[PDB]
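Right, one structure below, let's go through it.
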Amino acid sequence: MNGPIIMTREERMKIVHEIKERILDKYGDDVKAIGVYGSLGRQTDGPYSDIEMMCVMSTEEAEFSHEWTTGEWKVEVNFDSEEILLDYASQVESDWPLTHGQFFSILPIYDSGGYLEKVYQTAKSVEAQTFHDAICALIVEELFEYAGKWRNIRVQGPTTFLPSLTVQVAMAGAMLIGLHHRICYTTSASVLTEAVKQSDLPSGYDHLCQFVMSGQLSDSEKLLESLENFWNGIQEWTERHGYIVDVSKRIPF
Amino acid sequence: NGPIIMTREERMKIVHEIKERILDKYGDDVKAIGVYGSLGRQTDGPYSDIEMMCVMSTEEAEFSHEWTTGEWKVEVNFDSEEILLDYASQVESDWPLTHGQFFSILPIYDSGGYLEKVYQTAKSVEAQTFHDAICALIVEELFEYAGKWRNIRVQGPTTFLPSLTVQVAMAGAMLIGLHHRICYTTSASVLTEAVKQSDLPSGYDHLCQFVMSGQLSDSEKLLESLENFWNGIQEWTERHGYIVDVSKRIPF
Ligand SMILES: NC[C@@H]1O[C@H](O[C@H]2[C@@H](O)[C@H](O[C@@H]3[C@@H](O)[C@H](N)C[C@H](N)[C@H]3O[C@H]3O[C@H](CN)[C@@H](O)[C@H](O)[C@H]3N)O[C@@H]2CO)[C@H](N)[C@@H](O)[C@@H]1O
Ligand SMILES: NC[C@@H]1O[C@H](O[C@H]2[C@@H](O)[C@H](O[C@@H]3[C@@H](O)[C@H](N)C[C@H](N)[C@H]3O[C@H]3O[C@H](CN)[C@@H](O)[C@H](O)[C@H]3N)O[C@@H]2CO)[C@H](N)[C@@H](O)[C@@H]1O
Ligand SMILES: [Mg+2]
């Protein structure tokens with residue numbers, strides 16, 4: 001196994017078409033729709049991209065996947081009932097900017113009646129409060145946790161974890177920016193490039209991303225200073241935008 | 001301006017306050033309360049957070065409370081016994097990172113040996129379950145990462161390569177952890193502990209040195225080291241019998 005190999009958009013779409021025909025042969029009238037997502041769904045696949053497909057099933061509670069390789073390429077096909085998929089499309093977790101681009105990159109190849117459009121409409125109709133709640137949770141569950149981790153590094157090591165942690169913090173900041181602007185990143189490779197192009201960023205985020213994007217992550221004292229500056233920027237930014245809960249009680253339940 | 005420095009004694013006082021609040025609020029629905037993470041191992045450092053797990057009698061109970069006081073952070077998970085036991089027996093690609101929880105339980109309340117049952121379930125997973133998880137990890141994570149860095153080589157962007165190299169090093173550490181059936185003690189020690197294990201895929205140690213040193217700016221070298229690690233994976237699976245099925249064009 002030395003793949004993935006170089007492939008063209010034909011070669012991927014021919015494979016997609018074979019999988020579509022197999023899906024219709026096996027599941028028949030239980031298939032409501034078949035779509036391609038990811039880079040191939042956006043028609044921006046590169047020489048080595050994988051193949052990602054989504055199937056909407058009429059079957060109650062249907063929820064399964066097939067993910068395999070031929071040694072030369074890799075495919076993932078998800079099969080979901082309409083209710084299960086629409087519920088997922090309306091959920092906003094901390095990595096929503098990374099996961100839900102799927103629903104804004106659908107290439108419809110089979111649809112028995114407006115199913116893929118309903119998925120898209122569901123993904124785009126999330127209410128403002130849902131994003132607000134997700135942002136407040138991200139600050140506590142990810143950023144505050146990371147701040148404790150790098151401050152532990154400062155006082156007790158290990159600095160060998162600091163480059164990886166700095167990458168994680170830059171990614172969490174990108175999730176924060178994506179939730180705030182209600183944008184999903186096109187690919188994993190463009191997350192940081194797209195994040196630093198947005199407006200109204202927390203102070204210090206650009207400098208942090210400069211280390212991560214250049215790969216100059218060996219000066220631990222500079223990384224710690226950059227992380228602290230970003231953490232200070234988070235405090236001013238969340239206060240300015242109202243992403244604040246009462247934290248005065250030791251136990252808030 | 002937090003998190004602040006705290007002592008283990010201070011953290012345990014907070015834990016016991018939370019224990020009393022859980023018993024006051026949820027009463028006889030509480031089967032057990034435990035501390036996990038660094039505090040559960042009694043190796044918490046100056047800035048560590050507080051992580052607690054509760055076993056509930058309510059069927060389908062699955063919720064959490066996660067908050068900060070500005071100065072420290074607490075996460076409390078509440079699960080029914082079956083939900084927790086089911087999760088404790090599942091081996092996903094990040095099992096070496098997630099299931100250390102079940103080998104770090106400090107019981108602080110237990111009405112019927114429940115936390116011991118959780119530990120026994122986590123430690124009794126069969127060898128085939130790890131074999132399946134390793135084969136899935138190669139297909140679902142490592143093969144995907146290989147396509148991503150090969151795309152970078154031909155079309156960019158190299159600005160993603162440091163982050164991707166960190167991800168690949170972590171995925172390799174998961175592979176090693178699944179093979180040796182070990183859970184890493186802390187998030188910070190994953191890479192240091194992984195490269196000290198036996199049976200490493202060739203090229204993995206060298207790749208990790210870039211990630212641990214933070215020397216991630218030489219893009220040609222990272223790409224060469226990623227390819228060498230990917231080749232090391234192909235031997236490593238053959239040597240240890242983790243054979244991935246590549247015979248079906250469409251496996252359904
Ligand atoms: N399918 C719709 C919904 O998917 C959910 O699961 C989501 C998520 O956990 C799941 O993640 C799955 C894993 O599991 C599996 N072990 C490997 C697989 N590559 C990964 O796939 C996902 O993560 C990759 C990056 N890491 C992405 O590249 C990929 O596009 C994405 N589908 O993919 C789903 C998102 O597409 C739930 N299953 C359910 O709410 C419902 O079925
Ligand atoms: N609790 C037992 C089981 O946990 C599962 O979820 C697991 C996982 O998704 C979940 O992850 C949760 C997130 O969700 C939540 N939004 C933020 C929270 N800090 C994070 O916590 C987890 O990830 C952190 C590192 N990032 C770890 O430091 C932390 O110890 C760990 N509990 O924590 C659970 C493991 O403790 C399922 N909920 C369910 O099968 C059952 O409840
Ligand atoms: Mg946590």
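Lettering follows sequence order; numbering is per chain, from 1. Ligands are counted one by one from 1 in listed order, and the atoms in each one are counted from 1 as well. Side-chain atoms are counted along with the backbone in the values below, which use heavy atoms only and exclude waters and symmetry mates.
- The drug placed at ligand 2 in this model is neomycin.
- Structurally, the main neighbour of neomycin (ligand 2) is the chain that the PDB entry identifies as Aminoglycoside NucleotidylTransferase.
- Within the structure, the other chains placing a heavy atom under 4.0 Å from neomycin (ligand 2) are, by letter, A, B.
- Measured on heavy atoms with a 4.0 Å cut-off, the binding site of neomycin (ligand 2) is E141(A), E145(A), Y36(B), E51(B), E62(B), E66(B), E75(B), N77(B), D79(B), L84(B), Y87(B), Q101(B).
- According to the deposit, the organism of chain B is Staphylococcus aureus.
- Within less than 4.0 Å of neomycin (ligand 2), the other ligands and ions present are ligand 3 (magnesium ion).
- Not one N or O of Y87(B) is nearer than 3.5 Å to an N or O of neomycin (ligand 2), by distance alone.
- Rounded to 1 Å, the minimal heavy-atom contact between neomycin (ligand 2) and the UniProt active-site residues of chain B is with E144(B), 19 Å.
- UniProt ATP-binding residues of chain B with a heavy atom under 4.0 Å from neomycin (ligand 2): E51(B).
- Distance check for atom 11 (O) of neomycin (ligand 2): every protein heavy atom is found at 4.0 Å or beyond.
- There are UniProt neomycin B-binding residues of chain B with a non-hydrogen atom under 4.0 Å from neomycin (ligand 2), namely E51(B), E66(B).
- The distance from neomycin (ligand 2) to the heavy atoms of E66(B) drops below 4.0 Å at these ligand atoms: 17 (C), 18 (C), 19 (N).
- Inside a 4.0 Å radius of atom 35 (C) of neomycin (ligand 2) there is at least one protein heavy atom.
- Between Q101(B) and neomycin (ligand 2), a contact under 3.5 Å exists for at least one N or O pair.
- In the vicinity of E51(B), heavy-atom distances shorter than 4.0 Å reach the neomycin (ligand 2) atoms 27 (C), 28 (O), 29 (C), 30 (O).
- Not one N or O of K149(A) is nearer than 3.5 Å to an N or O of neomycin (ligand 2), by distance alone.
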Quick one: table the atom pairs, neomycin (ligand 2) N or O against protein N or O, below 3.5 Å, distance rounded to 0.1 Å.
{"unit_1": "neomycin (ligand 2)", "atom_1": "1 (N)", "unit_2": "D79(B)", "atom_2": "OD2", "d": "2.7"}
{"unit_1": "neomycin (ligand 2)", "atom_1": "16 (N)", "unit_2": "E141(A)", "atom_2": "OE1", "d": "2.9"}
{"unit_1": "neomycin (ligand 2)", "atom_1": "19 (N)", "unit_2": "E66(B)", "atom_2": "OE1", "d": "3.3"}
{"unit_1": "neomycin (ligand 2)", "atom_1": "19 (N)", "unit_2": "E66(B)", "atom_2": "OE2", "d": "2.9"}
{"unit_1": "neomycin (ligand 2)", "atom_1": "19 (N)", "unit_2": "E75(B)", "atom_2": "OE1", "d": "3.2"}
{"unit_1": "neomycin (ligand 2)", "atom_1": "21 (O)", "unit_2": "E75(B)", "atom_2": "OE1", "d": "3.4"}
{"unit_1": "neomycin (ligand 2)", "atom_1": "21 (O)", "unit_2": "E75(B)", "atom_2": "OE2", "d": "3.2"}
{"unit_1": "neomycin (ligand 2)", "atom_1": "28 (O)", "unit_2": "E51(B)", "atom_2": "OE2", "d": "3.3"}
{"unit_1": "neomycin (ligand 2)", "atom_1": "30 (O)", "unit_2": "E51(B)", "atom_2": "OE2", "d": "2.4"}
{"unit_1": "neomycin (ligand 2)", "atom_1": "32 (N)", "unit_2": "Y36(B)", "atom_2": "OH", "d": "3.0"}
{"unit_1": "neomycin (ligand 2)", "atom_1": "32 (N)", "unit_2": "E75(B)", "atom_2": "OE2", "d": "3.0"}
{"unit_1": "neomycin (ligand 2)", "atom_1": "36 (O)", "unit_2": "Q101(B)", "atom_2": "NE2", "d": "3.0"}
{"unit_1": "neomycin (ligand 2)", "atom_1": "38 (N)", "unit_2": "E62(B)", "atom_2": "OE2", "d": "3.0"}
{"unit_1": "neomycin (ligand 2)", "atom_1": "42 (O)", "unit_2": "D79(B)", "atom_2": "OD1", "d": "2.5"}
{"unit_1": "neomycin (ligand 2)", "atom_1": "42 (O)", "unit_2": "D79(B)", "atom_2": "OD2", "d": "3.2"}

